[PDB]
Q: 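Hi! Got a PDB file here: cidofovir diphosphate bound to DNA polymerase.
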Amino acid sequence: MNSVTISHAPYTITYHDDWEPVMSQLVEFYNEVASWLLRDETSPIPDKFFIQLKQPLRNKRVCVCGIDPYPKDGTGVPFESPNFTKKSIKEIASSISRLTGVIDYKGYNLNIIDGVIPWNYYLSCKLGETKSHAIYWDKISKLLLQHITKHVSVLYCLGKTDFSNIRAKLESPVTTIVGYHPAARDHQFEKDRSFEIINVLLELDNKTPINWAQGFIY
Amino acid sequence: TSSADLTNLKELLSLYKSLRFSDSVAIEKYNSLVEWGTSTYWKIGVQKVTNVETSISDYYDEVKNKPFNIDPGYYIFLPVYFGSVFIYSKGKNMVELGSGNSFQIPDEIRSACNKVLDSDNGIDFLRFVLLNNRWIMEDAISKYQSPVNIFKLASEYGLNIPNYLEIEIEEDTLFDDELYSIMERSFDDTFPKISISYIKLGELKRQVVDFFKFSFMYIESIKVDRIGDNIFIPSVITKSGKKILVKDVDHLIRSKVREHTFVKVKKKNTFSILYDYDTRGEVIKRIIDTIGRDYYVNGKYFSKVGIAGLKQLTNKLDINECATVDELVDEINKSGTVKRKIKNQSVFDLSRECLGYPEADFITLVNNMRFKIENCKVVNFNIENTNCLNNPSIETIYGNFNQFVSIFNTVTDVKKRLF
Amino acid sequence: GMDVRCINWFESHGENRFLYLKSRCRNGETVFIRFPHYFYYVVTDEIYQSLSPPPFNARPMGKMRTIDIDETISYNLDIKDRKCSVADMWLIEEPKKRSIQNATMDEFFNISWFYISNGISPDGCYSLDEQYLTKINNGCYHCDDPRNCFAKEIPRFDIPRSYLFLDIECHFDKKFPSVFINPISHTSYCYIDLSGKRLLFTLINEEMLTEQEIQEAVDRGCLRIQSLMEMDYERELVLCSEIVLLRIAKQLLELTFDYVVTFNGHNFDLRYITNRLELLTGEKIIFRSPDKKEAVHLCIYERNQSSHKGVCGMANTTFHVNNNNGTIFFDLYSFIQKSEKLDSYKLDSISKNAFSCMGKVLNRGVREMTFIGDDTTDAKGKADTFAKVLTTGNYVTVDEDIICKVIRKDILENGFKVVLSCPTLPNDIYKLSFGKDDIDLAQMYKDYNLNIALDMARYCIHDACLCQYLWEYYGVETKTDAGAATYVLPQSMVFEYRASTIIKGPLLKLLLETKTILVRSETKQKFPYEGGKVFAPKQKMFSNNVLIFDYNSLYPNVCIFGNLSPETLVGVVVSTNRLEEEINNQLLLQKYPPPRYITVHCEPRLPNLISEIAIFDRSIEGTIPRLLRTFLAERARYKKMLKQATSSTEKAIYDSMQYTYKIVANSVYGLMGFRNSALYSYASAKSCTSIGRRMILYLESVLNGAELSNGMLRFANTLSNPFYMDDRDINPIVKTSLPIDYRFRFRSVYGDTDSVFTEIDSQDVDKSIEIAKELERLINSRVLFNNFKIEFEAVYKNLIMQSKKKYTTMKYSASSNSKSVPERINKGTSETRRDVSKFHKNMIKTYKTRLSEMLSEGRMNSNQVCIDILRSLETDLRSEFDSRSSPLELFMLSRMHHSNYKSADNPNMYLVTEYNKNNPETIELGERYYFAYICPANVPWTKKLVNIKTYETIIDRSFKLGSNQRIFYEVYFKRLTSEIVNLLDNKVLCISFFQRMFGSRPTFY
DNA sequence: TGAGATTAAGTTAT
DNA sequence: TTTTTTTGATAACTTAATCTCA
Ligand SMILES: Nc1ccn(C[C@@H](CO)OCP(=O)(O)OP(=O)(O)OP(=O)(O)O)c(=O)n1
Ligand SMILES: [Ca+2]
Ligand SMILES: [Ca+2]
Ligand SMILES: [Ca+2]
């Protein structure tokens, strides 16, 4: 739960002790890019950059990874919006409410679920357009994903072509599932049977099963 | 990702759950599925296995040789037979304890096992005991049904089962020798059972108990006894005429029993059993010399080399005796069941089974020979390497090669017309 | 556009997917043609009417036969015939992808289907008619029926081409250029337009130069522009700001060039230019489709290629540029790395290896040295290439060790005349190469001035022109045209696929011509199979002439001779015992007579089997033999083209192309035994290997101990076919045209797959060559049969065979004599290996030459040779250990980085990972790097070596051996001593010396 | 504290 | 506002690290 300071707007690096061999290199990886990153207006909150780096990562067994925060608005944590309107979150919630058996809900908020953590590959975005900050975050995203992979047992990513080069991105082998994005034509995410896959992979790797309907918010 | 991958990997998980209860086919399937999983997902929690030692002690407690106090639940009683033990996990062959040997089921036992196991999926495996070329219903471990109804259904399918008795005990009564003797008398079951393993309701694990007294005796002679058509069982006698049962030939080989020498034999109230855990080339010829040159070790039993002609061919094909080849073809084409079996089998295998030769020994003897074959028939044979003749079994088999070649020629000639 | 010639083919990646063709007319104008691209499926006539959504288009393919090529094992001679079914087929075109269940021929590409079905070659000249063309833009046309539009083909005609060879130089302070903090200093362009004009111009960022320096440069004649519109390409040096520089670069990159050529520019140059453009200004490099309908931004994408052996893993990486305008962006680094094998793949190494010549001393000087070159000094064409590179060259390497600045140059009409700056080398003939320089870019950037800026501009334009020199030297345009013609692929993807993909075009053409479809259903179990046979050498030193006879295209010719194809395999018969084996052999010898069938005895695939016979039918030609015949014809044509060449560059290009086609023909066989291939055939590969082994055994048996005397030649064994009886004379007495006074004897000494080494009890070189020619003539008509032909390779002298695959010798070619100069050749020894040393090979050569001479003169009256050789070794080793005068370069090792390892704790993984985590220069997944053993200096000589890999460190480009760090000479000395010991005969002294110097037991071969 | 065999990796000839 | 096409074989030698045996 410690923190370190830098010479750039966010300078709010509150991090946990189990994230120790990350910050000492993230400082140099971010100093050379913050000057050009902070010259534009983004659509996360600028203080919401190093907010998931203080959580204990040796508690989760499956990691769901996003490629980019919402092009419009944004909170700071992936796949969370207590203003439920978006199509991707609707498609995510429908196919899991059918599986679990709960029909009455007011959103999902996947972050609160124990044993899973939502991850955003690119820690920043811009209003109106997506994937407009890839160059500023490429090496940082590589290092962060490598560290997260080193601790978790199975990784889940959204986007076939968007995550088509993830095997070379990591040097340590790991169980990886790359799923179709829930915005493509024909709604292919309906056919995506991946939550059962990741669960049964947890039982196959002698890990404690993770309840999935816990995160529902009423 | 897809449903097919989910089914494949969940079948892999199910196979991983039952790993000790596997044979060559199941090991190959498990390895292939592990390879597919680690190729698709870049990592899998389980690895490859090649040895896979068969262990059953995880479901059975340590043996008990002392009177003990009991009171939990009902007391369904189940005896343990003496002999080789085989395991039928699911739709497989018989697996021997330790080494994963694949026993050759005749026919009816495999069908009975398949029909018993097809009823449900809560049974862990099926346990069988073979003694002097016969099967018996051993312990039926199951996580869904109590073994009583498995025993009843197995009995009504066509195989034999031991009787069961249920008694309720209130206080912690001290089970002793007298209760064991009384319940084994009430079991009847004249077959030479060694131990008794009663189940415990609620507790999934089973328990085994047996009481015995050590003894030392003297060896008089070793003799073979007929228990079938060219199947012989070894046996020994004492001064008073007591019979010491031997489970199989391998037990005698490992015991290294010597004629006119004192031995240690485990004695019980009814019958006594020689104790193992006392080289191989010396005994494998010494016992053969003592019991007679005209004998050989047919796998688990003893077999006698004799005459081989029309009678053996008719007996193996389950047909009546005849005189000439025309009667042979008529009697084997009259029923369409036998001719289909003959068509699906080769001449070499059919003749080898007709004469009851071993597999590996006969194959090596044939591979260490030379033949002159004309019109798909054998007319001249000779030995090229005499090293393989060192084994007494090889010499005993080779001494009657004329009968084998006559049977081979007859079968080839008849199959030339059966097509 | 009536008479057009194709340049490139590309696709549209929008919602409305289109295919495009770029072409040029005779006058020089560019024409773009558009087609609607579909998805192609092949169905049966019965399936065709059972499609609830009617197909958009369907074309009848005629009647074709489908054959199951699954292989089964038979324990007897009751083999069922192969399942084949003849039916009418339909080729259906769908605007969007479908999911037909029972669809065949699904292993071919859609662009391949377009080419083959429409009858259009990727490269060629056509007469497009205006009936099927409609104008949609200025220069862009639309076509709905490409089959009818391309019905007329015309002979090839030459067309002008546009080239952009570009290089950049970025300022770097300590470690590496960073796009966020380090700017671009120089940008050099070689610009060639459709008018043939060749303009060389360099742009210099003026923000790194002082105002007085800018004034001095503009007085000297450097243009100082202020905006984009004030730039002219007719000047040589242009001073400008970084924003204007990037805007000019973006403007040049958006033009419709035929080729944009870099060296490692897809990973560094283009990415840097782009990222700087969006950082400083925010603009984008916009690429547009020919119809101006879909526009994309420049974004370099990575393509990872995985291995195929022992857990695949990532094996190589490439970087490509997305563009929809028909321009081909080419990186020479990837092309050279994929096609060549070298110690290093840097620009300096490739330039030194390619641009070399022989110079004759003509003048001396106090510190200068004048050379000269022409066709009289070196081979024809070398001097011209050296002069062409010398136009922009600045530094020359002499004797592969001296780096010298060029003082003055003078291009002649036949060669070059250059004066260098080196001491007076006291010889007459030397070697001049274009290689490494002695310029420290880090130091020059720290003291940046006007003169240093001009020097950097000259170096940058030299690199940009070196791109063009390597483009012309390697024949990339000719190779691209040949690959597009042969593989039936667009020009932009000729060098992007391996053998599994480049054969699908000709395979589909052959399948359509033969009207055959191959299907497999059962799974493919994998079993190892035996390979070729290598004979054990009989002697180490021979002192006699050895004659070499080599089979021509052994495995393709074996497949052609045996008709080895998956669909022609009658069956496989296996046996468990000798009775069944003999019965099956008796039945088989009469059931399948060998005028039509061929039976191959292979090793059993399972331990329980003792025999395995593969039966093949030669009545109908197989699919694989036809492809092999096509590739052999191609290779023969390219060899004929090679033999009629006089220039060095043309000869090198033709040799490379014929080698590529030979490797393709071999890869056809290799894929026939590849499990993950559609042409998988275990039995065919086993049969081909067995037949090759039989052929080499037959040659060795017939050649061993075959003396000649008078006019007769007597072979050892009868000239009988080793497979079946044939209509040839088997008498080993052969009339020869050699004179009557010749008497010699032969003895086979070695063999490898298809090569036979036959020695002769003679020393006269002309005599041996004449006898070898006569024998090669004689053993091709009387000994061999059908399509089996061998050729006499060369004569070997001073043959020193260390092992079964390593030997060094002097080579006399077929067209040579006694006075002809030999060529020293090494095969597998510690002189061609890329990871032994440089200090090692020179000593190995010297000691081997000394040993050969000393054995030739006559020695071995005592221990003798060992004593003096070990004394020399001790003296040299102690001198090297004390003086330490050798540079670090002589003790450098090379290794390729890859991610194919059984365990994640491998030291090779750890070394590269740790280097990458602490160095901005990142080693890619297929990059070859340098490493060496370095130990603390205070450590004295070590007798017992414990750990070796822990001392490995990567010497990227600028590592400095500090005072505390020294080269760990122990490993190199131990390896050298171990290699030398195995050459000698006496042992006791060898083990004694190894124990004394190091303290171990020297292993003996 | 040595000898010997075995496995993994790199590299070349064919 | 997100998505189709890959992948030649075996044989022989050398060196370091690991396992096993006097
Ligand atoms: N790339 C290769 C190289 C060699 N071989 C083994 C064998 C068959 O290809 O080599 C025999 P050759 O017939 O190709 O003969 P070689 O390689 O010497 O070629 P050539 O001198 O005829 O050009 C192979 O299988 N693949
Ligand atoms: Ca450069
Ligand atoms: Ca340069
Ligand atoms: Ca050859």
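Below, chains carry the letters A, B, ... as their sequence lines are ordered, and counting in each starts from 1. Numbering of ligands and ligand atoms starts at 1, following listing order. Hydrogens, waters and symmetry mates play no part in the numbers below; they use all other heavy atoms, side chains included.
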Q: What parts of this PDB structure belong to cidofovir diphosphate?
A: ligand 1
Q: Can you list the other chains with a non-hydrogen atom under 4.0 Å from cidofovir diphosphate (ligand 1)?
A: C, D, E
Q: Just curious, which residues make up the binding site of cidofovir diphosphate (ligand 1) with non-hydrogen atoms under 4.0 Å?
A: C:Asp550, C:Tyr551, C:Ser553, C:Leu554, C:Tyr555, C:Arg635, C:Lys662, C:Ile663, C:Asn666, C:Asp754, D:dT14, E:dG8, E:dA9
Q: Which of the atoms of cidofovir diphosphate (ligand 1) are close to C:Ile663, meaning less than 4.0 Å from one of its heavy atoms?
A: 1 (N)
Q: Please identify which atoms of cidofovir diphosphate (ligand 1) are closer than 4.0 Å to at least one heavy atom of C:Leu554.
A: 11 (C), 12 (P), 13 (O)
Q: Can you list the atoms of cidofovir diphosphate (ligand 1) that are under 4.0 Å from a heavy atom of C:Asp550?
A: 18 (O), 21 (O)
Q: Okay, next: other ligands or ions under 4.0 Å from cidofovir diphosphate (ligand 1)?
A: ligand 4 (calcium ion)
Q: Give the atom numbers and elements of cidofovir diphosphate (ligand 1) that come within less than 4.0 Å of a heavy atom of C:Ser553.
A: 13 (O), 22 (O)
Q: Got the closest protein heavy atom to atom 9 (O) of cidofovir diphosphate (ligand 1), with its distance?
A: C:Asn666 OD1, 2.4 Å
Q: Report the source organism for chain C from the entry.
A: Monkeypox virus
Q: To which protein heavy atom is atom 19 (O) of cidofovir diphosphate (ligand 1) closest, and what is the distance rounded to 0.1 Å?
A: C:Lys662 CD, 3.6 Å
Q: Considering heavy atoms of the protein only, find what lies nearest to atom 15 (O) of cidofovir diphosphate (ligand 1) and give residue, atom and distance to 0.1 Å.
A: C:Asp754 OD2, 3.7 Å
